[PDB]
*Asks:* 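Before my questions: this is S-argatroban bound to Thrombin heavy chain.
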Amino acid sequence: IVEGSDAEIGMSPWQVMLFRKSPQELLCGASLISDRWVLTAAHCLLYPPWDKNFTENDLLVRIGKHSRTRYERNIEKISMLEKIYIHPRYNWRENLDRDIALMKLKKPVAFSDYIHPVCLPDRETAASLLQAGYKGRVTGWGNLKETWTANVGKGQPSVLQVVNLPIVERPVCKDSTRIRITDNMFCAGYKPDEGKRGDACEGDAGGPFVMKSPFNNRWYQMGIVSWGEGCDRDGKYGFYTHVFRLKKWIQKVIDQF
Amino acid sequence: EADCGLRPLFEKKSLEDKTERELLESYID
Ligand SMILES: C[C@@H]1CNc2c(cccc2S(=O)(=O)N[C@@H](CCCNC(=N)N)C(=O)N2CC[C@@H](C)C[C@@H]2C(=O)O)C1
Ligand code: NA
């Protein structure tokens with residue numbers, strides 16, 4: 001995460017580290033949405049141009065984490081994966097349309113001060129929260145500045161980071177990139193004429209974009225860290241998988257196991 | 001709607017984190 005503060009303890013208790021087994025490596029972020037389920041980006045698990053395809057015994061999820069130069073005993077719980085569900089219409093060829101995956105844990109996770117699921121929006125909550133100029137929140141352990149090549153490297157923080165980003169009007173989202181955008185994604189971040197900085201970067205993909213309802217006090221996940229061009233570039237905005245448009249697919253998977 | 005979105009160390013304790021005022025200002029600013 002670019003231009004963020006160190007996160008407080010239990011500030012984002014739904015935040016999940018996606019981790020590789022062979023070899024030991026952080027791959028992506030992710031979010032806790034129940035005790036059996038984790039919400040992540042699809043491209044974190046499936047990317048053919050780089051011959052990337054992960055099974056259940058290759059990956060590992062860690063919830064309730066804060067640091068990274070520390071294994072946090074009796075605080076973080078590490079879940080194994082049972083099954084992986086990736087959207088059939090997920091376009092890895094052009095724009096990352098429907099960049100969304102779900103992961104059922106082998107065993108349920110006990111909730112504590114550090115582990116707690118986020119809310120998924122419905123129609124009414126989506127209509128009152130998803131507006132341009134409204135600020136959401138992105139979380140991750142990814143790079144602090146724009147990397148040269150296209151993944152995780154040197155420039156990591158020792159602790160989970162937090163940034164707040166404004167939702168951006170559709171036209172500006174479209175005029176910011178030559179890449180053909182879709183309606184299953186939205187864009188977020190500050191404008192050149194706004195003089196405040198921040199963006200998600202490598203290793204943050206999969207993590208949540210959240211918003212707090214000013215009425216009911218609950219945190220709702222409106223977005224998933226999906227893609228961008230560079231990190232924190234002037235006139236560029238991070239694109240987040242529109243979680244509500246895909247709530248119909250999620251409802252199907254969870255209810256059908 | 002479940003126990004979702006309400007944090008044990010914050011919302012359950014009636015406490016704010018350092019940056020959330022920024023988010024709630026966005027509904028007014
Ligand atoms: C439709 C996307 C657009 N961009 C790219 C693509 C493929 C390779 C590299 C890039 S990138 O390095 O310019 N951008 C990265 C980094 C973006 C991070 N910054 C944000 N503001 N979110 C990216 O989109 N991705 C997503 C695809 C994976 C495979 C690599 C990389 C990432 O690790 O985030 C296809
Ligand atoms: Na920007």
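Chain naming here is simple, since letters A, B, ... match the order of the sequence lines and numbering starts at 1 in each. Remember, it's 1-based here, ligands and their atoms both numbered in the order they're listed. Values below: every heavy atom of this structure, side chains too, minus hydrogens, waters and symmetry copies.
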*Asks:* Could you list every ligand or chain that corresponds to S-argatroban?
*Replies:*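 Short answer: ligand 1.
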*Asks:* Counting heavy atoms under 4.0 Å, which other chains neighbour S-argatroban (ligand 1)?
*Replies:*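 Other chains in heavy-atom contact: A.
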*Asks:* At less than 4.0 angstrom from any non-hydrogen atom of A:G230, what atoms of S-argatroban (ligand 1) do you find?
*Replies:*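 Checking each atom against A:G230, I get 17 (C), 18 (C), 19 (N).
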*Asks:* Applying a 4.0 Å heavy-atom criterion (strictly less than), which segment of A:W50 is in contact with S-argatroban (ligand 1): side chain, backbone, both, or neither?
*Replies:*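 A:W50 to S-argatroban (ligand 1): side-chain contact only, backbone stays beyond 4.0 Å.
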*Asks:* Check each atom of S-argatroban (ligand 1) against the heavy atoms of A:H43 and keep those under 4.0 Å away; list them by number with element.
*Replies:*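 Near A:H43, the atoms of S-argatroban (ligand 1) are 26 (C), 27 (C), 28 (C), 29 (C).
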*Asks:* Strictly inside 4.0 angstrom of atom 10 (C) of S-argatroban (ligand 1), do you find any protein heavy atom?
*Replies:*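 Looking at atom 10 (C) of S-argatroban (ligand 1), one finds that no protein heavy atom lies closer than 4.0 Å.
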*Asks:* Which S-argatroban (ligand 1) atoms does A:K52 reach within 4.0 Å, using its non-hydrogen atoms?
*Replies:*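 Close to A:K52: 29 (C).
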*Asks:* In the complex you have, is atom 7 (C) of S-argatroban (ligand 1) within reach of the protein, judged by whether a heavy-atom distance drops under 4.0 Å?
*Replies:*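 Yes, because at least one protein heavy atom sits under 4.0 Å from atom 7 (C) of S-argatroban (ligand 1).
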*Asks:* Under a 4.0 Å heavy-atom limit, does A:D204 contact S-argatroban (ligand 1) with its side chain, its backbone, both, or neither?
*Replies:*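 No part of A:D204 comes within reach of S-argatroban (ligand 1).
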*Asks:* State which organism the entry records for chain A.
*Replies:*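 The entry lists the organism as Homo sapiens.
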*Asks:* Against S-argatroban (ligand 1), which UniProt domain of chain A provides the most contacting residues?
*Replies:*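 Most sit in the UniProt domain Peptidase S1.
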*Asks:* Can you find a protein heavy atom closer to atom 29 (C) of S-argatroban (ligand 1) than 4.0 Å?
*Replies:*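 There is a protein heavy atom less than 4.0 Å from atom 29 (C) of S-argatroban (ligand 1).
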*Asks:* Consider S-argatroban (ligand 1): state whether an atom of it lies below 4.0 angstrom from any non-hydrogen atom of A:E94.
*Replies:*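 Judged by the 4.0 Å heavy-atom criterion, A:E94 does count as contacting S-argatroban (ligand 1).
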*Asks:* If you draw a 4.0 Å sphere around every atom of S-argatroban (ligand 1), which residues of other chains have a heavy atom inside it?
*Replies:*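 By heavy-atom distance, those residues are A:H43, A:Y47, A:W50, A:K52, A:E94, A:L96, A:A150, A:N151, A:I179, A:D199, A:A200, A:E202, A:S226, A:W227, A:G228, A:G230, A:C231, A:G238.
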*Asks:* When you check S-argatroban (ligand 1) against the protein, what N or O pairs turn up below 3.5 Å? List the atom names and distances, or just say none.
*Replies:*
{"from": "S-argatroban (ligand 1)", "atom 1": "4 (N)", "to": "A:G228", "atom 2": "O", "distance (Å)": "3.4"}
{"from": "S-argatroban (ligand 1)", "atom 1": "14 (N)", "to": "A:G228", "atom 2": "O", "distance (Å)": "2.8"}
{"from": "S-argatroban (ligand 1)", "atom 1": "19 (N)", "to": "A:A200", "atom 2": "O", "distance (Å)": "3.2"}
{"from": "S-argatroban (ligand 1)", "atom 1": "19 (N)", "to": "A:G230", "atom 2": "O", "distance (Å)": "3.2"}
{"from": "S-argatroban (ligand 1)", "atom 1": "21 (N)", "to": "A:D199", "atom 2": "OD1", "distance (Å)": "2.8"}
{"from": "S-argatroban (ligand 1)", "atom 1": "21 (N)", "to": "A:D199", "atom 2": "OD2", "distance (Å)": "2.9"}
{"from": "S-argatroban (ligand 1)", "atom 1": "21 (N)", "to": "A:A200", "atom 2": "O", "distance (Å)": "3.0"}
{"from": "S-argatroban (ligand 1)", "atom 1": "24 (O)", "to": "A:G228", "atom 2": "N", "distance (Å)": "3.4"}
{"from": "S-argatroban (ligand 1)", "atom 1": "24 (O)", "to": "A:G228", "atom 2": "O", "distance (Å)": "3.2"}
{"from": "S-argatroban (ligand 1)", "atom 1": "33 (O)", "to": "A:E202", "atom 2": "OE2", "distance (Å)": "3.4"}

